[PDB]
Amino acid sequence: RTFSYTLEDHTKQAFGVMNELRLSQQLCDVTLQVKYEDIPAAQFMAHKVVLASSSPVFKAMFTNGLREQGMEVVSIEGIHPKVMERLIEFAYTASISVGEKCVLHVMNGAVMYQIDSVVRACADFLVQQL
Amino acid sequence: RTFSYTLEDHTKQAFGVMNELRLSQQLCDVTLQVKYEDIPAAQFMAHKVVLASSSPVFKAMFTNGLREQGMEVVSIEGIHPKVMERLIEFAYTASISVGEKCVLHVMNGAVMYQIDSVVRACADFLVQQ
Ligand SMILES: *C1=C(C#N)C(=O)C(C)(C)[C@@H]2CC[C@]3(C)C(=CC(=O)[C@@H]4[C@@H]5CC(C)(C)CC[C@]5(C(=O)OC)CC[C@]43C)[C@@]12C
Ligand SMILES: *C1=C(C#N)C(=O)C(C)(C)[C@@H]2CC[C@]3(C)C(=CC(=O)[C@@H]4[C@@H]5CC(C)(C)CC[C@]5(C(=O)OC)CC[C@]43C)[C@@]12C
């Protein structure tokens, strides 16, 4: 007959493997230069595919049909490198933690990239504190 | 304290987006010229990263200091173009289905690529029947 297999935790474990690959600075086809006022530039390396899977705004960045000898390194202004880190991390972990006092800056970054899943999480939280 | 948030769906959802991006030849960074028997070259276009996430053998191919960030071509012997396809599917869908005619032949590709998950599930069904 016809045989079918589905491995349920496959999307989980392949991500942490992909996330390893990031931490390993391996297979990374983009490097993010996150400039925030006087804070010294922080370099975040990643794979475009994973960013583009987790951000609409990033998908449009790489699949803009406009790239050649360039755009390997992208300039991020107006995010604090530690906010951006937890965003980028959320893309690879599916989870985010943040000391509750910067929820609105993590919300503000997440909007910049349309991480609508945490933009809700963070706004709900903000509202409960009131 | 710390505010924490997880979105279990994200791993299912993101991979669908990459399978989309795969199916559109959007951010595909590698092309697998699968050359089996006298069947001519069959192109499979994919992203090294997703391939590397599913197959220990594939990660090994790419992190083998290829040093080649451009589009790579990769000639593939020993796997039928249609067995290769069934795995590339597992890579992005997390699932795979074939008739019993090829359950063993697809098992060989999964063995060739250390997809120990379908290797097992291939074997089990073979044993059941
Ligand atoms: C706040 C946290 C908490 N609790 C965190 O968990 C973070 C994610 C580590 C976060 C990183 C971003 C900054 C450094 C931050 C708190 C701040 O006060 C920072 C300020 C906010 C503001 C409004 C005072 C001016 C910008 C600034 C900054 O430039 O100072 C470094 C941005 C970064 C941040 C929001 C924590 C530590
Ligand atoms: C059998 C399927 C089934 N059911 C499939 O769904 C596959 C995975 C698409 C599979 C692709 C590979 C071949 C073409 C195949 C049927 C076969 O029997 C083919 C034979 C197997 C064998 C041992 C009889 C001799 C080699 C050969 C072949 O005929 O070369 C083209 C290899 C390919 C395949 C296993 C299906 C369609």
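The chains carry the letters A, B, and so on, in the order of their sequence lines. Residues 50-179, in that order, are what chain A shows, numbered as in the PDB entry. All residue numbers given for chain B refer to the PDB entry; the residues shown span 50-178 in order. Note: hydrogens, waters and symmetry copies are ignored here, and every other heavy atom, side chains too, is used. Each ligand, and each atom within it, is numbered from 1 in the order the structure gives.
- The drug observed at ligand 2 carries the PDB name CDDO-Me (bound form).
- The main partner of CDDO-Me (bound form, ligand 2) in this structure, judged by heavy-atom pairs under 4.5 Å and named as in UniProt, is Kelch-like ECH-associated protein 1.
- Other chains having non-hydrogen atoms less than 4.0 Å from CDDO-Me (bound form, ligand 2): B.
- Under the PDB entry, the species noted for chain B is Mus musculus.
- As deposited, the model links CDDO-Me (bound form, ligand 2) by a covalent bond to B:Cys151 SG.
- At 4.0 Å, heavy atom to atom, the residues around CDDO-Me (bound form, ligand 2) are B:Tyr85, B:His129, B:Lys131, B:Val132, B:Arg135, B:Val147, B:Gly148, B:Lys150, B:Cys151, B:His154, B:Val155.
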